[PDB]
Asker: 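Input: one structure, supplied below.
Here chain A follows the PDB entry for its numbers: 42-168, in order, are the residues you see. Ligands are counted one by one from 1 in listed order, and the atoms in each one are counted from 1 as well. Basis for what follows: all heavy atoms, side chains included, without hydrogens, waters or symmetry-related copies.
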Amino acid sequence: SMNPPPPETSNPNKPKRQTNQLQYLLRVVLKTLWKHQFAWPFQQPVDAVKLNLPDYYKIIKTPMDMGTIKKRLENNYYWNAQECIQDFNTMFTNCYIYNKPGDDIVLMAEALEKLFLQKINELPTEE
Ligand SMILES: CCNC(=O)C[C@@H]1N=C(c2ccc(Cl)cc2)c2cc(OC)ccc2-n2c(C)nnc21
């Protein structure tokens, strides 16, 4: 069994910013989800080898996780908040696409997504 390379978290060619919205995405949004009891399956890329999911990366072609998002935020990988918000939404969508309705993992994603939406609802205006 083989995992793909992880998503990119570093690229000197990619233009970067440190904005108040991106700071909020780290300090409020990422931190709130990371500390949650249901955070652990989402704190690193899906390990298809260890989890015995040989079809995971056959079905999921745009992998994303909070480990990657955390690295992207801490290393100022993004230009804007929209990029980061998309990463969170890709993470949730992947979970819903791969898994069955009512699965424990789907309920975990839903609880995290509820908090995500609550926090992004009060994304600050750009300074
Ligand atoms: C048929 C079995 N299905 C799975 O294992 C899917 C897997 N399901 C889980 C998972 C996590 C928690 C529970 Cl209670 C049940 C399943 C999961 C657990 C992990 O442990 C390190 C990593 C990624 C996960 N994950 C994510 C994220 N999206 N799908 C899955």
Asker: Which is the drug at ligand 1: gentamicin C1, I-BET762, CGS-27023A, LSZ102, R 77975?
Answerer: I-BET762
Asker: Could you tell me the main partner of I-BET762 (ligand 1) here, using whatever name UniProt has for it?
Answerer: Bromodomain-containing protein 4
Asker: Which residues count as the binding site of I-BET762 (ligand 1) under a heavy-atom cut-off of 4.0 Å?
Answerer: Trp81, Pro82, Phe83, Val87, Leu92, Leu94, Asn140, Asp145, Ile146, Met149
Asker: At a 4.0 Å threshold, what atoms of I-BET762 (ligand 1) neighbour a non-hydrogen atom of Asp145?
Answerer: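 Going through I-BET762 (ligand 1) atom by atom, the ones under 4.0 Å from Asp145 are 14 (Cl).
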Asker: Nearest protein heavy-atom contact for atom 6 (C) of I-BET762 (ligand 1): which residue, which atom, what distance?
Answerer: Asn140 OD1, 3.4 Å
Asker: According to the entry, what organism does chain A come from?
Answerer: Homo sapiens
Asker: Residue-wise, which UniProt domain of chain A is most involved in contacts with I-BET762 (ligand 1)?
Answerer: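 By UniProt annotation, Bromo 1.
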Asker: Which of the atoms of I-BET762 (ligand 1) are close to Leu92, meaning less than 4.0 Å from one of its heavy atoms?
Answerer: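 Reading through I-BET762 (ligand 1) atom by atom, the close ones are 19 (C), 20 (O), 22 (C), 23 (C).
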Asker: Which residue owns the protein heavy atom closest to atom 13 (C) of I-BET762 (ligand 1), what's the atom, and how far is it?
Answerer: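 For atom 13 (C) of I-BET762 (ligand 1), the nearest protein heavy atom comes out as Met149 SD, 4.0 Å.
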Asker: Closest non-hydrogen protein atom to atom 11 (C) of I-BET762 (ligand 1), residue and atom name please, with distance?
Answerer: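 I find the closest protein heavy atom is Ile146 CD1, 3.5 Å.
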Asker: For atom 24 (C) of I-BET762 (ligand 1), what's the nearest protein heavy atom and its distance?
Answerer: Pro82 CB, 3.9 Å
Asker: What residue and atom, counting heavy atoms only, is the protein's closest point to atom 20 (O) of I-BET762 (ligand 1), and at what distance?
Answerer: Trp81 CZ3, 3.4 Å
Asker: Which of the atoms in I-BET762 (ligand 1), numbered in the order shown and given with their element, are less than 4.0 Å from a heavy-atom of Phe83?
Answerer: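 Selected atoms, number and element: 27 (C).
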Asker: Around atom 7 (C) of I-BET762 (ligand 1), find the nearest protein heavy atom and jot down its residue, atom name and distance.
Answerer: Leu94 CD1, 4.0 Å
